[PDB]
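Since the structure comes first, as structure tokens, the remarks are kept for the end.
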Amino acid sequence: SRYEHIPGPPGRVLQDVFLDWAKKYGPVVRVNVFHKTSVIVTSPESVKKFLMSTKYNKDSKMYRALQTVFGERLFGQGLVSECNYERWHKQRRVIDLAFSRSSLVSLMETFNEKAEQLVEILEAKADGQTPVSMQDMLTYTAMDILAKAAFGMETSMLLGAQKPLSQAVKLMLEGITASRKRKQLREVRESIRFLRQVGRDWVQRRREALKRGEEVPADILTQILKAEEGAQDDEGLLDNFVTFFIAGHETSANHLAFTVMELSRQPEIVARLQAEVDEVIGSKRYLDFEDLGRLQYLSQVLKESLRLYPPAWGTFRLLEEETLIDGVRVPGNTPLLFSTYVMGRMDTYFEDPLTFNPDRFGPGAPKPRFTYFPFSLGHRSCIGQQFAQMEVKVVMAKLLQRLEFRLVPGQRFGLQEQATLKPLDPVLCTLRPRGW
Ligand code: HEM
Ligand SMILES: O=C(c1cccnc1-c1ccncc1)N1CCC(O)(Cc2ccccc2)CC1
């Protein structure tokens, strides 16, 4: 009854219900998420106010679902789910060093190598008949890239290795959203314990390598270890291991899958993308850093994919004191939900919101002002945004260079929600090599 005055109700996901409600009830709406009343805020004025300030911090009660799942510590107090500013700021600044310009440029080989491996696997299946799950294939590529890039490990999922790990990740992701029977609880808990134990194993290996005096290239793991340099235990270290292990591939994978799915019904845009890749990189097997900037139309297409299909759909901030938010009195101690998914699909912010038009992001176009934030905004924006943007460009360019994709009829364009948003179907495609 402290929220009853707030406007709201008395392959389709919860985020679409939020969209319906935002359109019907306005820019500040009372909802239910994780059994706590929150308020969904969809004006750009409020996006700017709350996301662009260090006065407003993440709401720990909303992130509890990431911290622990059915009594098993998952993301814990790692970089995403830490809600105390000062503890967050300490780890952010140390881990930042692994995402410097020069750190990222040195990852171009890993990106090219895994992309080339994926494409060679796909080319062998390109008979215009064999159904290929592009969701699965892109997920394996994202994982292999992340494992190598962040941790110096070879998962070899593209070779069919690590099935138990891919199961662990899948069951864990389902559990996050499920917590919003007996056998599900057992499977979820064991999967989370498995992921942390992988963490312990890889950490010990890294420590052993350093002890024996072997070469260890400075990576995300190096800075994560640095962030914990005199902690009383390894729990903080394991929290970040799991956080980056998951966050570092899941959404890149989803983003790739959504893009391939959408592009399957956009032959004109595909022909333009094929033409750009042919002109910028020709037959080069390897994309250089400077080539990435020249794939301008591809950049625009990936931005438009994220407008309609943001895998990371939202973020929460704690409103501490009663505040007037677009003409609505919102009580203190209230979680505010900001959703780039909802805003992206509102005709108030985007003309013909359901039309896929890369020209929205053209060099002369008016830039969206606080209506588009697939990597969020402000101090809690995605640390891996540029890592992600580079990796998906490399993967997309290499697919476009070499293969034609047709979505198998019956495959749907609808969404599912498992912490993140992702294609409902496995994006089954048949493939042909480019050039007949
Ligand atoms: C297209 C791919 C990606 C998308 C769409 C994305 C999106 C986001 C969003 C929306 C947030 C804010 C989360 C929140 O407020 O709760 C975030 C934060 C974060 N992301 Fe990503 N991300 C992507 C890729 C990555 C990658 C590749 C990494 C690591 C290699 C990563 C690691 C993180 C971390 C550690 C945070 C917390 C940052 C902080 O609070 O300081 N993400 N990301
Ligand atoms: O922490 C994650 C995450 C969860 C699972 C896999 N990956 C990532 C992730 C990938 C890339 N960058 C950051 C993080 N996300 C993505 C989910 C939401 O945006 C909202 C959300 C908040 C609370 C509970 C569920 C959902 C939040 C932040």
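Numbers here are sequence positions counted from 1. Atoms considered below: every heavy atom in the structure, side chains included; atoms not considered: hydrogens, waters and symmetry mates. Determined by X-ray crystallography, 2.0 Å, according to the entry header. Just follow the structure's listing: the first ligand is 1, and inside any ligand the first atom is 1.
The molecule at ligand 2, chosen from soticlestat, manogepix, ganetespib, nemonapride, bepridil, is soticlestat. In the deposited model, the macromolecule with the most close contacts to soticlestat is named by UniProt as Cholesterol 24-hydroxylase. Here is the list of soticlestat atoms found below 4.0 Å of a heavy atom in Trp313: 19 (O), 20 (C), 21 (C), 26 (C).
For soticlestat, the polar-atom distance check against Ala419 finds no nitrogen or oxygen pair separated by under 3.5 Å.
The contact set between soticlestat and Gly314, taken as ligand atoms under 4.0 Å from a residue heavy atom, comprises 18 (C), 19 (O), 20 (C), 27 (C). Put simply, part of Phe75 is less than 4.0 Å from soticlestat, judged by heavy atoms.
For soticlestat, the atoms closer than 4.0 angstrom to any heavy atom of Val80 are 1 (O).
Of all the listed residues (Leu74, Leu173, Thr251), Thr251 holds the heavy atom that lies closest to atom 11 (C) of soticlestat. Applying the 4.0 Å criterion to heavy atoms of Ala312 picks out, from soticlestat, the atoms 19 (O). At a heavy-atom distance under 4.0 Å, only side-chain atoms of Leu66, from C-beta outward, approach soticlestat. In the PDB entry, the organism given for chain A is Homo sapiens. Using a 4.0 Å heavy-atom cut-off, the binding site of soticlestat is formed by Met62, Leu66, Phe75, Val80, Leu173, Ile246, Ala247, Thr251, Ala312, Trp313, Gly314, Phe316, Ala419, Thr420.
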